[PDB]
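Avibactam (bound form) complexed to Beta-lactamase, as determined in this entry.
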Amino acid sequence: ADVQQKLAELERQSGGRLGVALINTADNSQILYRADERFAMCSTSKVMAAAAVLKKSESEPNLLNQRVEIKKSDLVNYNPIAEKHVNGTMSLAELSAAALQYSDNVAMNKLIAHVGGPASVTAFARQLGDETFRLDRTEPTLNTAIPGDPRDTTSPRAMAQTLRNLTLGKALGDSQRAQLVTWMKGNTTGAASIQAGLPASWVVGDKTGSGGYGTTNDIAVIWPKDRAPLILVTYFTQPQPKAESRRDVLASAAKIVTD
Ligand SMILES: *C(=O)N1C[C@H](NOS(=O)(=O)O)CC[C@H]1C(N)=O
């Protein structure tokens, strides 16, 4: 396709490795580029962890109100919300919102720990029929994004399908799905990534990620006014361990696949 040559060229010019999966719910069509290759999810794995907690809350009434202690020793590389609550408690709802909307790594660690650890988040993905997702480590090591390392990776195809199932499909109960959508729509970190490649007025819920090797990711549900939504995963990674992030590549991919 023309979109394929455009994604191929975007990738070639970038010098990196681009993974794209788009689902257009209007006709159930997909646009796939390296869609079965594994990419380090980085902070995009936060959606699966928050969704695991949402699922757990369907059978455990008042779960989101459960308090979690924040210690200074819990602080990692990035935790703008949790650092404000050192020696205080945050509810699982507050942790989910911090993880999803501010990409708070301590929040993600508390979500991971709540469900039983990285393997438990992976078990949750398996329960939804996602056989690709794997969460192996906690924050911050889950972001190393070493080329060829399968830890903490998924494929664009798998993540797009899962994200569709979570936000639009029946993977979660009605209220939990609406909650995840609300959390993602309220993301504050996504303006330079997928969103930057879309018409300014479109409603977007997304989760960005960054990591080693200039890994730059974004997973999104896009609701254009008067249209059916799109699910889009754009994963990008580079040859150099200390490569700077390339959110512009995700924005360019978003534009290519949405035009
Ligand atoms: C997630 O990938 N991380 C936590 C935080 N995310 O912010 S981002 O989604 O805007 O990139 C900072 C980067 C990253 C990490 N290495 O912890």
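Start at 1 with the first residue, then count along the sequence. First listed ligand is number 1; within each ligand, the first listed atom is number 1. FYI, side chains are in, hydrogens and waters are out, and symmetry mates aren't considered; it's all heavy atoms of this structure.
- In this structure, the binding site of avibactam (bound form) at 4.0 Å (heavy atoms) is formed by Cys42, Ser43, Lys46, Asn77, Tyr78, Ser103, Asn105, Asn143, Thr189, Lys207, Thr208, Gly209, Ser210.
- Counting protein heavy atoms only, atom 10 (O) of avibactam (bound form) is closest to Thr208 OG1, 3.3 Å.
- For avibactam (bound form) and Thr189, the ligand atoms under 4.0 Å from any heavy atom of the residue are 10 (O).
- Closest to atom 3 (N) of avibactam (bound form) among all protein heavy atoms lies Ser43 OG, 2.4 Å.
- Per the entry, the organism of origin for chain A is Klebsiella pneumoniae.
- When only interatomic distances are considered, the shortest N/O to N/O separation between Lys46 and avibactam (bound form) does not fall below 3.5 Å.
- The shortest N or O to N or O distance between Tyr78 and avibactam (bound form) is not under 3.5 Å.
- Scanning the protein heavy atoms around atom 17 (O) of avibactam (bound form), the nearest turns out to be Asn105 ND2, 2.8 Å.
- Less than 4.0 angstrom separates some heavy atom of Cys42 from each of these atoms of avibactam (bound form): 2 (O).
- The entry models a covalent bond from avibactam (bound form) to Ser43 OG.
- The protein non-hydrogen atom at the shortest distance from atom 16 (N) of avibactam (bound form) is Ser210 O, 3.4 Å.
- Remark: minimum distance from atom 6 (N) of avibactam (bound form) to any protein heavy atom is reached at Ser103 OG, 2.9 Å.
- Residue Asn143 approaches avibactam (bound form) through these ligand atoms, each under 4.0 Å from one of its heavy atoms: 1 (C), 2 (O), 15 (C), 16 (N), 17 (O).
- Annotation for avibactam (bound form): atoms under 4.0 Å from non-hydrogen atoms of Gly209 are 1 (C), 2 (O), 9 (O), 11 (O).
- Contact atoms of avibactam (bound form) toward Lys207: 9 (O) (distance under 4.0 Å to a heavy atom of the residue).
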